[PDB]
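Contents: one structure, followed by commentary.
Throughout, chain A uses the PDB entry numbering, with the displayed residues spanning 554-563, 567-694, 756-929 in order. Indexing begins at 1, ligand by ligand and atom by atom, following the structure's order. Values below: all heavy atoms of this structure, side chains included; hydrogens, waters and symmetry mates excluded.
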Amino acid sequence: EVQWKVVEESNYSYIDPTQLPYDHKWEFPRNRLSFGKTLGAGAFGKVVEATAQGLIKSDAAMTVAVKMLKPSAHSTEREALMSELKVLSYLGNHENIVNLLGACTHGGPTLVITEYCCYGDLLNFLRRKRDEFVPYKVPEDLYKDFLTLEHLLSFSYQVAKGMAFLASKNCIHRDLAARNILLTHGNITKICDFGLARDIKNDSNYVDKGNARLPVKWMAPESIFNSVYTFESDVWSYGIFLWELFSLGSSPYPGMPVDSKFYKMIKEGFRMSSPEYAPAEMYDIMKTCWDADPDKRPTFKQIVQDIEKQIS
Ligand SMILES: COC(=O)c1ccc2c(c1)NC(=O)/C2=C(\Nc1ccc(N(C)C(=O)CN2CCN(C)CC2)cc1)c1ccccc1
């Protein structure tokens, strides 16, 4: 919205990602990329499955995901893709994020080489295993490839470790949701920012507010109503993700259209109830994540230590 704002005294401010350095150690020869099918495409950017010759081991090739722009992209999009590469180069490597493997910044359009996660996004994975879920396995043949409570607990734990990594790098996600979590071999979940590769206009999970489209049902109140995005507001989005996880990919606040009454109810203390398969101690974490006071929400470092005792 382009309007007036009354302000009150309360810090952190975004950095201009174009000012971040790009380390050319990530430069990978473009001629060693063999492109496959497009995995997903936004309005201006797309992620393509590809084969990278000698990227990690000089002997053999490996499947990777290459993030690139469409022909319709303008100079601002090309700057944005370069800034996304500069952020990934800045953050460093962690197991629970979609990591940067290389980049092609020469001899053509910019190609960002990321890890390929064979299972896709966690949201579609959960909704696919809905009829194949049991809390724990009793004859094991009947639950061959079943999803269990052990898996969901590991997912909550890995996403929390990934977010804890981002917070330690002074990085705010601002769009934490199951659709932005990817699953790869060994049930490893990886956080990522789709950025230019998700078409926000065609996704009902992003609500048209003014001129912007925001993931309202995942956002903390101070984000929706005060435009305040912090480490603590990410924790709110993690609580909404937990509700997705233990409802097996159900849309949050199911059956509630986003309108003025919805915003009012959230401000007055309205919260979702416990998912059907959520353990009690995990739902406790949800309620703390959804505290209207950002000071009373747990940090991701605390969430990691909390879930760790549950795993053990
Ligand atoms: C910063 O990094 C990023 O921003 C980023 C963004 C997306 C991906 C990524 C990095 N890394 C991946 O791997 C991504 C996806 N990968 C994938 C894998 C498997 C599938 N599935 C299940 C298929 O069936 C498709 N596919 C399987 C393999 N055969 C050969 C071809 C058909 C679908 C998507 C994917 C992309 C679009 C939307 C959701 C996820």
TODO: Identify the drug located at ligand 1.
DONE: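 The drug there is nintedanib.
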Task: Main binding partner of nintedanib (name per UniProt) - done: Mast/stem cell growth factor receptor Kit
TODO: Please say whether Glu640 places an N or O atom under 3.5 Å from an N or O atom belonging to nintedanib.
DONE: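 In this structure, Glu640 places no N or O atom under 3.5 Å from an N or O of nintedanib.
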Task: Proximal atoms of nintedanib relative to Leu799 (non-hydrogen, under 4.0 Å) - done: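 Atoms satisfying the 4.0 Å criterion: 7 (C), 8 (C), 9 (C), 10 (C), 11 (N), 12 (C), 14 (C), 40 (C).
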Task: Contact partition for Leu595 relative to nintedanib, non-hydrogen atoms under 4.0 Å - done: both
TODO: Find the residue among the UniProt active-site annotations of chain A nearest to nintedanib; state the heavy-atom distance to the nearest 1 Å.
DONE: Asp792, 11 Å
TODO: Consider nintedanib: state whether an atom of it lies below 4.0 angstrom from any non-hydrogen atom of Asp810.
DONE: yes
Open item on the list: Hey, quick one: which UniProt domain of chain A is doing most of the touching with nintedanib?
Closed with: Protein kinase
Open item on the list: Wondering about overlap here: which UniProt-listed ATP-binding residues of chain A have a non-hydrogen atom under 4.0 Å from nintedanib?
Closed with: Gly596, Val603, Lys623, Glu671, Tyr672, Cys673, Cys674, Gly676, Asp677
Open item on the list: Distance under 4.0 Å to a non-hydrogen atom of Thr670: what atoms of nintedanib satisfy this?
Closed with: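 Listed by number with element: 1 (C), 2 (O), 10 (C).
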Open item on the list: Could you check which UniProt Mg(2+)-binding residues of chain A come within less than 4.0 Å of nintedanib, heavy atoms only?
Closed with: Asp810
Open item on the list: Taking only non-hydrogen atoms of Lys807, do any sit less than 4.0 angstrom from nintedanib?
Closed with: no
Open item on the list: Closer than 4.0 Å to some heavy atom of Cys674 - which atoms of nintedanib meet that?
Closed with: 18 (C), 19 (C), 22 (C)
Open item on the list: Taking 4.0 angstrom as the limit and counting only heavy atoms of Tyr672, give me the atoms of nintedanib inside it, by number and element.
Closed with: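 Reading through nintedanib atom by atom, the close ones are 13 (O), 18 (C), 19 (C), 27 (C), 28 (C).
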Task: Under-4.0 Å heavy-atom contact with nintedanib, by part of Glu605 that carries it - done: side chain
Open item on the list: With a 4.0 Å cut-off on heavy atoms, is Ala814 in contact with nintedanib?
Closed with: no
Task: Atoms in nintedanib with a heavy atom of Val654 nearer than 4.0 Å - done: 2 (O), 10 (C)
Open item on the list: My understanding is that we take every heavy atom of each candidate and find the minimum distance to atom 33 (C) of nintedanib. Doing that for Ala621, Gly812, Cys673, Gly676, which one comes out nearest?
Closed with: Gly676
TODO: Write out the binding site of nintedanib as chain and residue number, heavy atoms closer than 4.0 Å.
DONE: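 With heavy atoms under 4.0 Å, it is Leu595, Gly596, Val603, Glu605, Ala621, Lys623, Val654, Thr670, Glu671, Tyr672, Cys673, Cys674, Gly676, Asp677, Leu799, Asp810, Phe811.
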